[PDB]
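Entry featuring durlobactam (bound form).
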Amino acid sequence: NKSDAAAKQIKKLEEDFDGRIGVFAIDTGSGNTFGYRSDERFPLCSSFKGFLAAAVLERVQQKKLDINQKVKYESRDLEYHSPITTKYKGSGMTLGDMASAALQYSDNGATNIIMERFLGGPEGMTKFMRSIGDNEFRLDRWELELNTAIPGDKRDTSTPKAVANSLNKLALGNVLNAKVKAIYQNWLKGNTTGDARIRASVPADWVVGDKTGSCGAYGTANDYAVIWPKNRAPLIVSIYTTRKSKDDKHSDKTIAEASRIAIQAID
Ligand SMILES: *C(=O)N1C[C@H](NOS(=O)(=O)O)C=C(C)[C@H]1C(N)=O
Ligand SMILES: [Cl-]
């Protein structure tokens with residue numbers, strides 16, 4: 001019933017903006033799920049940086065990396081949108097700071113430095129995802145080439161369900177031990193780019209940790225969140241959108257609204 005009505009609303013929403021919305025949402029307290037195009041592929045854009053940070057933490061937990069190790073790059077030409085790395089260029093940053101910059105600010109320099117030195121590049125990032133049983137995820141290119149969002153291109157894509165499940169594994173499951181998962185969770189909660197997406201869809205008193213992506217082509221954008229309501233179990237929401245034309249702007253309000261609908265369906 002509620003599921004049928006939610007489906008109709010997403011559909012109207014995708015027609016209203018001549019685009020494509022994929023949704024997966026889970027109420028971890030009740031088991032309730034909702035999916036719309038949940039097994040279809042969508043560009044990840046910046047949203048994979050949330051997982052890159054999870055990979056970094058797993059490496060620290062396995063003791064291959066130290067969270068306070070210094071990462072120096074004084075002579076590295078930084079990629080476009082390196083707001084955090086560019087201010088620490090002189091002195092370097094700790095591993096954990098760079099990784100949380102990758103997540104919380106979408107820092108492209110942080111991203112590509114981490115993939116280059118600690119994670120084995122895009123194939124290594126893909127391998128990490130495979131290792132938690134995510135068969136859908138792939139990253140193939142570096143920042144910024146990975147953001148082309150060309151329709152019909154499987155490169156740098158995933159599905160909403162796989163995103164949701166993976167997040168549930170990393171933020172809520174036991175890939176990460178209690179102490180390291182707490183940190184990951186805090187990184188998610190302090191994300192600075194998601195105010196007009198999933199966070200906008202929920203009472204202000206609910207706690208959200210999220211990671212957004214905005215390819216800036218084909219109107220492509222997304223957000224995934226763990227959500228802690230008061231006196232209830234966490235929710236997981238995954239929202240992915242594209243648009244028909246290359247020049248199309250992304251719509252924060254469609255994302256926020258698809259989130260409202262996904263949440264109402266599962267609650
Ligand atoms: C990632 O997709 N980015 C980085 C930046 N952050 O906004 S986002 O977190 O919503 O993505 C902005 C972008 C337009 C995009 C990029 N530069 O690739
Ligand atoms: Cl590179």
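Start at 1 with the first residue, then count along the sequence. All ligand and atom numbering here is 1-based and tracks the order in the structure.
All copies of durlobactam (bound form) taken together correspond to ligand 1. Counting heavy-atom pairs under 4.5 Å, the chain with the largest count for durlobactam (bound form) is, by its name in UniProt, Beta-lactamase SME-1. In the deposit, the organism given as the source of chain A is Serratia marcescens. Residue-ligand proximity, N147 to durlobactam (bound form), at heavy-atom distances under 4.0 Å covers atoms 2 (O), 18 (O). The residue of chain A annotated as active site in UniProt and closest to durlobactam (bound form), together with its heavy-atom distance to 1 Å, is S46, 1 Å. Taking any N or O of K49, backbone or side chain, none lies under 3.5 Å from an N or O belonging to durlobactam (bound form). Bonding summary for durlobactam (bound form): covalent, to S46 OG.
Of all protein heavy atoms, the one closest to atom 5 (C) of durlobactam (bound form) is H81 NE2, 3.6 Å. UniProt beta-lactam-binding residues of chain A with a heavy atom under 4.0 Å from durlobactam (bound form): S46, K49, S106, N108, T212. Protein heavy atom nearest atom 9 (O) of durlobactam (bound form), with residue, atom name and distance: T212 OG1, 2.7 Å. Of the candidates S47, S214, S46, it is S214 that places a heavy atom closest to atom 10 (O) of durlobactam (bound form). Polar contact check, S106 against durlobactam (bound form): a nitrogen or oxygen pair lies under 3.5 Å apart. Applying a cut-off of 4.0 Å to heavy atoms, one finds the binding site of durlobactam (bound form) to be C45, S46, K49, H81, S106, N108, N147, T193, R197, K211, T212, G213, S214.
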